[PDB]
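Complex: CP-690,550 / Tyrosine-protein kinase JAK2.
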Amino acid sequence: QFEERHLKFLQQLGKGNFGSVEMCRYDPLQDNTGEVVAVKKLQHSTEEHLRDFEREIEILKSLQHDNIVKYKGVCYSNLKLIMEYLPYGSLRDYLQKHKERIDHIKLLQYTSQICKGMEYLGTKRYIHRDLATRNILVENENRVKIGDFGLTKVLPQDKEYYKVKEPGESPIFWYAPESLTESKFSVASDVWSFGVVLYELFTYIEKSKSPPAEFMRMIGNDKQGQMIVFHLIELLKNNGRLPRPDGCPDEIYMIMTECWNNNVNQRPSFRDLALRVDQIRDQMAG
Ligand SMILES: C[C@@H]1CCN(C(=O)CC#N)C[C@@H]1N(C)c1ncnc2[nH]ccc12
């Protein structure tokens, strides 16, 4: 498969939770004709964390979809995950740097691909648990993939939610209220997070405008650092919400706000989202 001695470090691509991502060249012929891949390793190896890594790997290996990043193989010593390298980086950085070449119509095209890939996940009873533009990957100008599965689980098998509480730091400003209060993750919590993704896209990743910044302002940067979770749970309870981004059409903002339903069961499905997005798209064309 992939040999460690044949893998040359080029640069750091990312870190996420308890993983890092590197750009390496696989060059078994050692003639600089090998192919550029992305390699994910544990940033600090544990038995628990690696139990979890091996699962993430099985999860990705089991995914074959146009909008899902592409398992190439594995590498021991010790354990490394080889994926396809996508040359435009995360949707987050791409959109920030290049706002520029990206209109609303393109944002809905991405949005729609995010939905299709997430629907494929749901097909498999996978909860992603970490939908955020930084985890979306740009293949070319016209194509995005879901790029990382570090927190992804399977749904238990009588149950439509999966309850998990992880050591350290959670992306709480992308979490559904039930995930904050009850630690419950489901397709519907993914859909909550999808709405936040959609908000990020429409803000063009303006720094002052990020979810944390916005929510922190709404809460008070003079609240605390630990009651932050409490105040955010309250805010969301009282139907406090991320503002409509500058430029956002009311009907995209309506998608967003429907994803941020406190009622888990009333949030739309990914198939419905794709239908509505694809369709707002068409009315924007002709
Ligand atoms: C957006 C991708 C998913 C998250 N990334 C991490 O490093 C997460 C962890 N740990 C960066 C990665 N990225 C910038 C990539 N950039 C280019 N090709 C890639 N293949 C796979 C990831 C990848």
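Numbers here simply count residues along the sequence, with the first being 1. For the numbers below, each heavy atom of this structure counts, side chains included, while hydrogens, waters and symmetry mates do not. First listed ligand is number 1; within each ligand, the first listed atom is number 1.
- The ligands or chains attributed to CP-690,550 are ligand 1.
- Within 4.0 Å of CP-690,550, judged by non-hydrogen atoms, the site holds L13, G14, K15, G16, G19, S20, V21, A38, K40, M83, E84, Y85, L86, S90, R134, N135, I136, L137, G147, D148.
- The closest protein non-hydrogen atom to atom 11 (C) of CP-690,550 is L13 O, 3.9 Å.
- In this structure, the protein non-hydrogen atom closest to atom 20 (N) of CP-690,550 is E84 O, 3.2 Å.
- Considering both main-chain and side-chain atoms, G19 comes within under 3.5 Å of CP-690,550 through a nitrogen or oxygen pair.
- Regarding atom 15 (C) of CP-690,550, its nearest protein heavy-atom neighbour is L137 CD1, 3.4 Å.
- Considering backbone and side-chain atoms alike, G16 places an N or O below 3.5 Å from some N or O of CP-690,550.
- For CP-690,550, none of its N or O atoms has an N or O atom of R134 under 3.5 Å away.
- The deposit lists the origin of chain A as Homo sapiens.
- Closest to atom 8 (C) of CP-690,550 among all protein heavy atoms lies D148 OD1, 3.4 Å.
- Of all protein heavy atoms, the one lying nearest to atom 7 (O) of CP-690,550 is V21 CG2, 2.6 Å.
- Remark: minimum distance from atom 17 (C) of CP-690,550 to any protein heavy atom is reached at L86 O, 3.1 Å.
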